[PDB]
Amino acid sequence: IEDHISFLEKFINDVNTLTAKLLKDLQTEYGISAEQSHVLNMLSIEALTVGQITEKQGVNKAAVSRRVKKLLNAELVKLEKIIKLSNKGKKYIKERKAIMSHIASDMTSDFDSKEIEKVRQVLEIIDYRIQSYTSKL
Amino acid sequence: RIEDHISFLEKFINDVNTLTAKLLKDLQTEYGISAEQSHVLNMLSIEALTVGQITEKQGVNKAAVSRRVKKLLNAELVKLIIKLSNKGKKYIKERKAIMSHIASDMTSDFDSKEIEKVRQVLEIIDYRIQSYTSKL
Ligand SMILES: CC1(C)S[C@@H]2[C@H](NC(=O)[C@H](N)c3ccccc3)C(=O)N2[C@H]1C(=O)O
Ligand SMILES: CC1(C)S[C@@H]2[C@H](NC(=O)[C@H](N)c3ccccc3)C(=O)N2[C@H]1C(=O)O
């Protein structure tokens with residue numbers, strides 16, 4: 001009833017841990033950090049503003065500022081207000097899926113594609129419910 | 001075909017972080033710490049740990065992990081090869097209070113079975129994730 005909340009963290013931790021390690025070279029190659037990486041990954045979803053990102057990421061605005069501009073100067077992300085991704089930046093996310101998806105399907109090769117559908121419905125509804133709530137002051 | 005599920009997992013995660021980060025903002029303020037320092041306490045809510053450990057699981061900059069630790073010593077939410085404290089134990093309680101109270105309200109309409117079935121598919125995936133990781 002609550003070690004679900006504890007499992008979630010752990011589970012999230014573990015994913016983070018594995019992803020960081022998995023994407024170690026792909027980042028060094030583009031000379032980016034793990035967060036420069038995320039923001040990048042966090043931007044494949046929607047166009048944000050340094051404010052939108054600091055909030056969404058819960059950290060110091062100052063930090064979010066450089067990580068951000070360091071991406072402009074490296075031509076990975078671009079402008080309009082409205083921070084979007086540059087094609088170089090895309091090739092990156094492409095090589096991110098490319099890696100993620102390979103090890104991802106290994107651990108999922110024997111899943112009841114239907115049992116998974118049901119699982120996603122629940123998570124999707126929880127996802128929807130999280131976004132919903134997230135808005136309110 | 002499977003790429004779809006991944007995109008979701010990431011978003012679902014992103015949203016969890018956003019939410020937790022939004023819900024704890026004031027508490028991390030009320031005590032006077034940054035999320036960074038706050039994540040440290042949570043990895044200690046579960047157990048103990050030295051430097052190389054906390055520096056490895058998160059895995060971030062050797063120094064970074066160090067500098068936040070030393071700050072956590074001053075507020076005394078961490079005892080020294082690093083544990084929690086009376087004040088430390090207290091923060092988490094409060095942290096857990098909010099979280100659960102929301103997740104519950106946000107899930108207290110689901111079918112006991114539906115949920116568990118989720119936990120089990122997530123447990124096996126974590127199990128594999130971990131095993132794969134351990135292969136350095
Ligand atoms: C390539 C990535 C490492 S970037 C994205 C994010 N990485 C982070 O470091 C993120 N800022 C974070 C992690 C943990 C606590 C707080 C913040 C994550 O998860 N990521 C991988 C992805 O792209 O799938
Ligand atoms: C030392 C750095 C982390 S900050 C420096 C500058 N980037 C900035 O955003 C600028 N300093 C600044 C503006 C606002 C808030 C915080 C920082 C630059 O380039 N940088 C980094 C580096 O040398 O790696």
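Residue numbering restarts at 1 for every chain, and letters A, B, ... go by the order of the sequence lines. The way this entry was determined, per its header, is X-ray crystallography, 3.2 Å. Atom set for the values below is all heavy atoms of this structure, side chains included, hydrogens, waters and symmetry mates excluded. As the structure lists them, so they are numbered: ligands from 1, and atoms in each ligand from 1.
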Inset, instruction - Please provide the name that the PDB entry uses for the chief contact partner of ligand 2. - result: Transcriptional regulator TcaR
Legend entry - ligand 2: drug: ampicillin
Inset, instruction - Write down the other chains that contact ampicillin (ligand 2) with heavy atoms under 4.0 Å. - result: A
Inset, instruction - Extract every residue of other chains having a heavy atom under 4.0 Å from ampicillin (ligand 2). - result: A/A62, A/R66, A/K70
